[PDB]
*Asks:* 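Here you can see belvarafenib bound to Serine/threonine-protein kinase B-raf.
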2 protein chains.
Amino acid sequence: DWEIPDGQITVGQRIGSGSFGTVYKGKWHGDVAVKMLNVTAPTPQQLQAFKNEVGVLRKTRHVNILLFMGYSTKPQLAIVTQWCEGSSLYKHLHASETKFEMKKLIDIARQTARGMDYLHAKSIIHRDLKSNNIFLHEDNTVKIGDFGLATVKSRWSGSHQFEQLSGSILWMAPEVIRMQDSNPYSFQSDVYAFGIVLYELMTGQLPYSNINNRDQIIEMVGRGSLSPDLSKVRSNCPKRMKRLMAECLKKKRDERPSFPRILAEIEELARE
Amino acid sequence: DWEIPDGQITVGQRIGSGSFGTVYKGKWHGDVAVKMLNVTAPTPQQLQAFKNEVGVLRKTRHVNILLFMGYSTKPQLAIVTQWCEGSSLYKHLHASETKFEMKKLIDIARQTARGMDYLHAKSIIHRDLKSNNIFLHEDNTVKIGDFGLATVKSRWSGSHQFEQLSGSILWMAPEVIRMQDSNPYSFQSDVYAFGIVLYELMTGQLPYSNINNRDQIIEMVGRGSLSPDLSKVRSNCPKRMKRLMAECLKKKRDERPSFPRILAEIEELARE
Ligand SMILES: Cc1ccc2c(Nc3cccc(Cl)c3F)nccc2c1NC(=O)c1csc2c(N)ncnc12
Ligand SMILES: Cc1ccc2c(Nc3cccc(Cl)c3F)nccc2c1NC(=O)c1csc2c(N)ncnc12
Ligand SMILES: [Cl-]
Ligand SMILES: [Cl-]
Ligand SMILES: [Cl-]
Ligand SMILES: [Cl-]
Ligand SMILES: [Cl-]
Ligand SMILES: [Cl-]
Ligand SMILES: [Cl-]
Ligand SMILES: [Cl-]
Ligand SMILES: [Cl-]
Ligand SMILES: [Cl-]
Ligand SMILES: [Cl-]
């Protein structure tokens, strides 16, 4: 039982907000983050999606997954997690332009693969892996989460989500950008998104920087005539890492490796 | 369900061992610690004590409690946790004699109180809090655990445990050293042990260093004529902290504060 009784959490500064909820810093036996719906009486849909998220988080005990701590239903449906100081990998690579040594870049890839390997072993498909969803706790430890879910983006309704493409387009596998289905999401589309994260780590920049419109990326990635340019990778990038990236980014999902083998390859590369 | 199927954990280097089990470094979606019984067919007593420990750990989701990750029953009863690099607080204070600034000493006390406040809110009595059981993950983050349980020391049988006094005597409340009962252990004896940890932080040394025999400490602490000498505390120790220590170390257990108030006092002192 992880329900936190009403009145125990002290809700603090507002941290993030969108059409589907708000996240605050709070206090409950130390620092916590608290994500709640902006509404008063949830629709059955809103309640059930809340339960889906809690049921995913309740399955996770791993140092590279953000730690779920509890939930509450009075007065608002809220999810409580550990509070992490630091910032997303996206901020580090593309805003502060932190200068990570190659060793630390590989360490970040390795911790990300540990968390993703764990999630897939728990039959959890992430659906929105990207560098903004990889938090560097004290700029050292990877915490995978979905930092847009139920604030800026809605919770999942099948394979639909409001603001689905928002800040996510560059990480979407070809079969996800097309959605010739009712579920394109799989372990293999998580693997593709991880390949794009590897691209960010090894180039320091976002793919398709030269393309001038989103719909262009939509069309050409869904068509198979657009792919990350692996020649823009830094010179100190290990040969193994370029091979691995190319494997994760393959157009047909069944050709991509799985995270057990991804992780073992990165572990080998880290050993050097 | 947290049972890890057989064959998934790769058991590595032996880390610790005693009459009641062994702990190894291992691999399972990253680094783990794995504690198993040294035996083949456990007695009902051994099995049940294993279940007691798993049932305590399964109740904990807190950044200052060592993260339980799973257990297994084939081929040996094993408990799996995160792997922490670093060393115990005891090692830092009394072996490497690390020079912690007062701010970091207070931070360690504050994280310890967060974890203990959480445990007591979950109705978990620790029973063996001491600086060797406070792990400094990357020498920065407190992880409370019981690092002697089911290796050097046995699991709990009521209020009995083999090697109960081993390395623990200095942290035992008067009513625990006497055991005029079948259970002297309470939230309040945890609070006393925390006071002794505060003493180690503020003096840098172990209480009763001058006394030459264990049985002397037994007798005089059980009698009430022996107490930590708070005048040996460092000069930069805040007045609030000496007051708090004296409160936690009171002889009659009902006079000691509880961890919600302990934590709020340390949080205030940290703010300065
Ligand atoms: C409260 C809360 C609940 C669920 C989360 C969540 N749920 C989730 C959903 C699907 C898959 C996975 Cl793996 C998930 F973890 N993901 C990420 C963050 C989640 C979260 N916290 C924040 O939103 C947050 C913003 S800033 C910040 C900070 N500085 N420290 C700690 N938290 C935060
Ligand atoms: C495997 C395992 C299982 C249960 C533990 C346990 N159980 C427990 C019992 C009662 C109360 C509480 Cl709070 C508890 F956490 N406590 C502490 C450690 C526990 C543990 N790990 C070690 O023994 C360990 C030695 S070295 C090291 C390291 N470097 N990194 C991580 N682990 C270790
Ligand atoms: Cl607090
Ligand atoms: Cl759980
Ligand atoms: Cl590093
Ligand atoms: Cl929603
Ligand atoms: Cl969801
Ligand atoms: Cl919909
Ligand atoms: Cl690994
Ligand atoms: Cl500090
Ligand atoms: Cl035992
Ligand atoms: Cl036990
Ligand atoms: Cl016995």
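Throughout, protein chains are lettered first and strands after them, A, B, ... in sequence-line order, and every chain is numbered starting at 1. The basis for the numbers below is simple: all heavy atoms, side chains too, and nothing from hydrogens, waters or symmetry mates. As the structure lists them, so they are numbered: ligands from 1, and atoms in each ligand from 1.
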*Asks:* For belvarafenib, which ligands or chains should I point to, including every copy?
*Replies:*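 Check ligands 1 and 2.
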*Asks:* At a 4.0 Å heavy-atom threshold, what other chains are in contact with belvarafenib (ligand 2)?
*Replies:*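 Other chains with a heavy atom that close: B.
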*Asks:* Output the list of atoms in belvarafenib (ligand 2) that are nearer than 4.0 Å to some heavy atom of B:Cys84, sorted by atom number.
*Replies:*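 So the answer, numbered in order with elements, is 28 (C), 29 (N), 30 (N), 31 (C).
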*Asks:* Which of the numbered atoms in belvarafenib (ligand 2) are under 4.0 angstrom from any heavy atom belonging to B:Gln82?
*Replies:*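 Belvarafenib (ligand 2) atoms under the 4.0 Å threshold to B:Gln82: 30 (N), 31 (C), 32 (N).
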*Asks:* Of the protein's non-hydrogen atoms, which lies at the shortest distance from atom 25 (C) of belvarafenib (ligand 2), and what is that distance?
*Replies:*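 Answer for atom 25 (C) of belvarafenib (ligand 2): B:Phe147 CD2, 3.7 Å.
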*Asks:* Does an N or O anywhere in B:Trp83 fall below 3.5 Å from an N or O of belvarafenib (ligand 2)?
*Replies:*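 The answer is no, given that B:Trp83 and belvarafenib (ligand 2) share no N or O pair closer than 3.5 Å.
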*Asks:* Heavy atom under 4.0 Å from belvarafenib (ligand 2): found in B:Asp146's side chain, backbone, both, or neither?
*Replies:*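 B:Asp146 to belvarafenib (ligand 2): contacts from backbone and side chain alike.
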*Asks:* Give the residue and atom name of whichever protein heavy atom lies nearest to atom 22 (C) of belvarafenib (ligand 2), and the separation in Å to one decimal.
*Replies:*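 Protein heavy atom with the smallest distance to atom 22 (C) of belvarafenib (ligand 2): B:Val23 CG1, 3.8 Å.
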*Asks:* What lies under 4.0 Å from belvarafenib (ligand 2), among the other ligands and ions?
*Replies:*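 Below the cut-off I see nothing.
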*Asks:* Select the closest option to atom 8 (C) of belvarafenib (ligand 2) among B:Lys59, B:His137, B:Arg155, B:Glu53, judged by heavy-atom distance.
*Replies:*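 Looking at heavy atoms only, the winner is B:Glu53.
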*Asks:* Considering only non-hydrogen protein atoms, determine which one is nearest to atom 18 (C) of belvarafenib (ligand 2) and report residue, atom name and distance to 0.1 Å.
*Replies:*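 The protein heavy atom lying closest is B:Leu66 CD2, 3.3 Å.
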*Asks:* Between belvarafenib (ligand 2) and B:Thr81, can you find any atom pair, the residue atom being a heavy atom, that is separated by under 4.0 Å?
*Replies:*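 The answer is yes, since B:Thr81 has a heavy atom less than 4.0 Å from belvarafenib (ligand 2).
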*Asks:* Any nitrogen or oxygen of B:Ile15, main chain or side chain, under 3.5 Å from a nitrogen or oxygen of belvarafenib (ligand 2)?
*Replies:*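 By distance alone, the answer is no.
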*Asks:* Of the backbone atoms (N, CA, C, O) and the side-chain heavy atoms from C-beta on, which set of B:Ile124 has a member under 4.0 Å from an atom of belvarafenib (ligand 2): side chain, backbone, both, or neither?
*Replies:*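 No part of B:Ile124 is near belvarafenib (ligand 2) at this cut-off.
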*Asks:* Checking a contact table here: which protein heavy atom is nearest atom 5 (C) of belvarafenib (ligand 2), and how many Å away?
*Replies:*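 Of every protein heavy atom, B:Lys35 NZ, 3.7 Å lies nearest to atom 5 (C) of belvarafenib (ligand 2).
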*Asks:* What does the deposited model list as the covalent connection for belvarafenib (ligand 2): residue and atom, or none?
*Replies:*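 The answer: no covalent bond.
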*Asks:* Given that the side chain starts at C-beta and the backbone is N, CA, C, O, which of these parts of B:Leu149 lies under 4.0 Å from belvarafenib (ligand 2), counting heavy atoms, or is it both or neither?
*Replies:*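 It is the side chain that touches belvarafenib (ligand 2); the backbone stays farther off.
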*Asks:* Which residues in other chains are near belvarafenib (ligand 2), meaning a non-hydrogen atom under 4.0 Å away?
*Replies:*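 Non-hydrogen contacts come from B:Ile15, B:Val23, B:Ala33, B:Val34, B:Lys35, B:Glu53, B:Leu57, B:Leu66, B:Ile79, B:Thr81, B:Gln82, B:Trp83, B:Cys84, B:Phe135, B:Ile144, B:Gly145, B:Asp146, B:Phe147, B:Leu149.
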